[PDB]
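Glutathione S-transferase P bound by ethacrynic acid.
A, B, ... follow the sequence lines: proteins, then strands. Residue 1 opens every chain. Start at 1 and go down the list; that is how both ligands and their atoms are numbered.
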Amino acid sequence: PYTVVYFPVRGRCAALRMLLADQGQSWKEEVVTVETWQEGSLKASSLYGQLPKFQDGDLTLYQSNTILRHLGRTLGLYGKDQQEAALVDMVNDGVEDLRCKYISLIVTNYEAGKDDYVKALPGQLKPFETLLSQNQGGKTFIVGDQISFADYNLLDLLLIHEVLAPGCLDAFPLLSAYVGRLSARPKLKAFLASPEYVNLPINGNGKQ
Amino acid sequence: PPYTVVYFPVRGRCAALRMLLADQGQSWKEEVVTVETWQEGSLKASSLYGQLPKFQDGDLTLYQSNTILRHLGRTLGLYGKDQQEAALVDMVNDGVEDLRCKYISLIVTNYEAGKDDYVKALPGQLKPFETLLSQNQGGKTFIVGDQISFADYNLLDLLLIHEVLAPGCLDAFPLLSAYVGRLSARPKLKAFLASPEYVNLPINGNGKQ
Ligand SMILES: N[C@H](CCC(=O)N[C@@H](CS)C(=O)NCC(=O)O)C(=O)O
Ligand SMILES: N[C@H](CCC(=O)N[C@@H](CS)C(=O)NCC(=O)O)C(=O)O
Ligand SMILES: C=C(CC)C(=O)c1ccc(OCC(=O)O)c(Cl)c1Cl
Ligand SMILES: C=C(CC)C(=O)c1ccc(OCC(=O)O)c(Cl)c1Cl
Ligand SMILES: [Ca+2]
Ligand SMILES: [Ca+2]
Ligand SMILES: [Ca+2]
Ligand SMILES: [Ca+2]
Ligand SMILES: [Ca+2]
Ligand SMILES: [Ca+2]
């Protein structure tokens, strides 16, 4: 029984929402506003004093990747053996690092920094193209035969990079087909077109 | 195995995974990459994300220090008792990861202007681990469940390098303070923590700590 407590923004919940939609799960969205947040109660009672906070039945979770690995573990989205498990984690950590650099740019330094960042970008996208080239021609998923929680996080990451810098995936045939093929999965396709996704901004400060 | 840790000559992001191996009774080879070899470009260019640590476990090659930790934690039974505990272990480790980058960021980019703000913010950042200890067996065992987990080794490293940055920062936090000594006192880790292997590396690459 799933509840997502976050700001009215896609951000660090985009990926875990795509995961839930595509696994055909329901969930509730409890929305915290900037005004409510500044009141202090929820931040004070939260583990590390941030959001997302995620309820699953009796269990309360924080940290967006802790949620991904949790859903991935509980819904069978984590490779087939212990080695694919390691390789899933490798991809997701690599996604986390580029997502961090994306956030600092968006939040702290967008205007002066976008040019440098965009220059750097193909260098940062290369490894996921490489990894796809090494896993059955890139025709499948980022790791092994099956969908893993990393796929959802790398999909979100590519989507928001196509908005920040359109055409950045054009030099990368594998990543470029991948984004279209995953988006074409019918439970994701629907969600991705639903108002519950479409009607949120990507970040909180209006930049993208 | 055989395990090989390829990295710079510093504790940095391999301190925790090293402690894990030592305490788990494992041996491994340290392949050292100097700043001068790194600037040549070859190893960088052939590395998945162009960074170190690289870690070989037999035929398997891994990157990303928390990938190493969850891999070792997974394969050596250091990941909690069921799925719920796996989530709590991940929650701890991610929390440890965020304060590690705030640490790294200060060290590397801004240590002089920044140490003062960082140090006042510190207790607020340390409290959650106190809180977590207080809710698991009065704080007397490990950060999650009845058994040691990869998260413990990463949290222990984090507390150590913070006693070096800011001596006495754990005086206000009884559970974390006892935890540091009790984990450091485990016989296979006591030994490693006293060995030249550990003692003769600096914490970071720029001479600050
Ligand atoms: N380590 C991150 C933490 C998330 C984070 O940076 N939270 C932000 C928004 S996504 C926040 O709650 N900031 C408001 C504050 O610090 O009060 C995660 O994966 O969940
Ligand atoms: N996400 C990190 C990446 C490690 C990292 O930030 N590596 C640094 C040194 S600790 C590096 O290889 N920098 C050299 C460079 O950027 O060329 C991990 O957990 O392994
Ligand atoms: C993750 C983020 C953007 C994708 C982020 O860092 C962030 C921080 C503070 C925020 O507002 C709450 C406040 O009053 O500070 C909001 Cl809405 C966001 Cl989205
Ligand atoms: C681990 C680090 C300090 C916590 C770190 O980020 C780092 C970066 C570059 C480095 O040298 C090679 C070079 O590129 O100069 C070295 Cl030795 C380190 Cl340790
Ligand atoms: Ca709903
Ligand atoms: Ca709602
Ligand atoms: Ca599956
Ligand atoms: Ca194209
Ligand atoms: Ca050795
Ligand atoms: Ca065990």
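Lab note - all copies counted, ethacrynic acid located at ligands 3 and 4. Counting only non-hydrogen atoms, chains lying under 4.0 Å from ethacrynic acid (ligand 3): A. The protein non-hydrogen atom at the shortest distance from atom 2 (C) of ethacrynic acid (ligand 3) is A:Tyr6 OH, 4.5 Å. My check of the UniProt glutathione-binding residues in chain A for heavy atoms under 4.0 Å from ethacrynic acid (ligand 3) returns A:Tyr6, A:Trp37. A:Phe7 CE1, 4.6 Å is the protein heavy atom nearest to atom 9 (C) of ethacrynic acid (ligand 3). Neighbours of ethacrynic acid (ligand 3) under 4.0 Å (other ligands and ions): ligand 1 (glutathione).
Closest protein heavy atom to atom 15 (O) of ethacrynic acid (ligand 3): A:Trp37 CD1, 4.3 Å.
With atom 14 (O) of ethacrynic acid (ligand 3) as the reference point, the heavy atom nearest to it among A:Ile160, A:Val107, A:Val34 is part of A:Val34. Of the residues of chain A touching ethacrynic acid (ligand 3), most belong to the UniProt domain GST N-terminal. Proximity of A:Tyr102 to ethacrynic acid (ligand 3), defined as any heavy-atom pair under 4.0 Å, is not found for any part of the residue. The source organism of chain A, per the PDB record, is Homo sapiens.
Using a 4.0 Å threshold on non-hydrogen atoms, atom 5 (C) of ethacrynic acid (ligand 3) does not count as touching the protein. The protein heavy-atom contact nearest to atom 19 (Cl) of ethacrynic acid (ligand 3) is A:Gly204 N, 3.6 Å. Heavy atoms under 4.0 Å from ethacrynic acid (ligand 3) belong to A:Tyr6, A:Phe7, A:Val9, A:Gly11, A:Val34, A:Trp37, A:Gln38, A:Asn203, A:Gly204.
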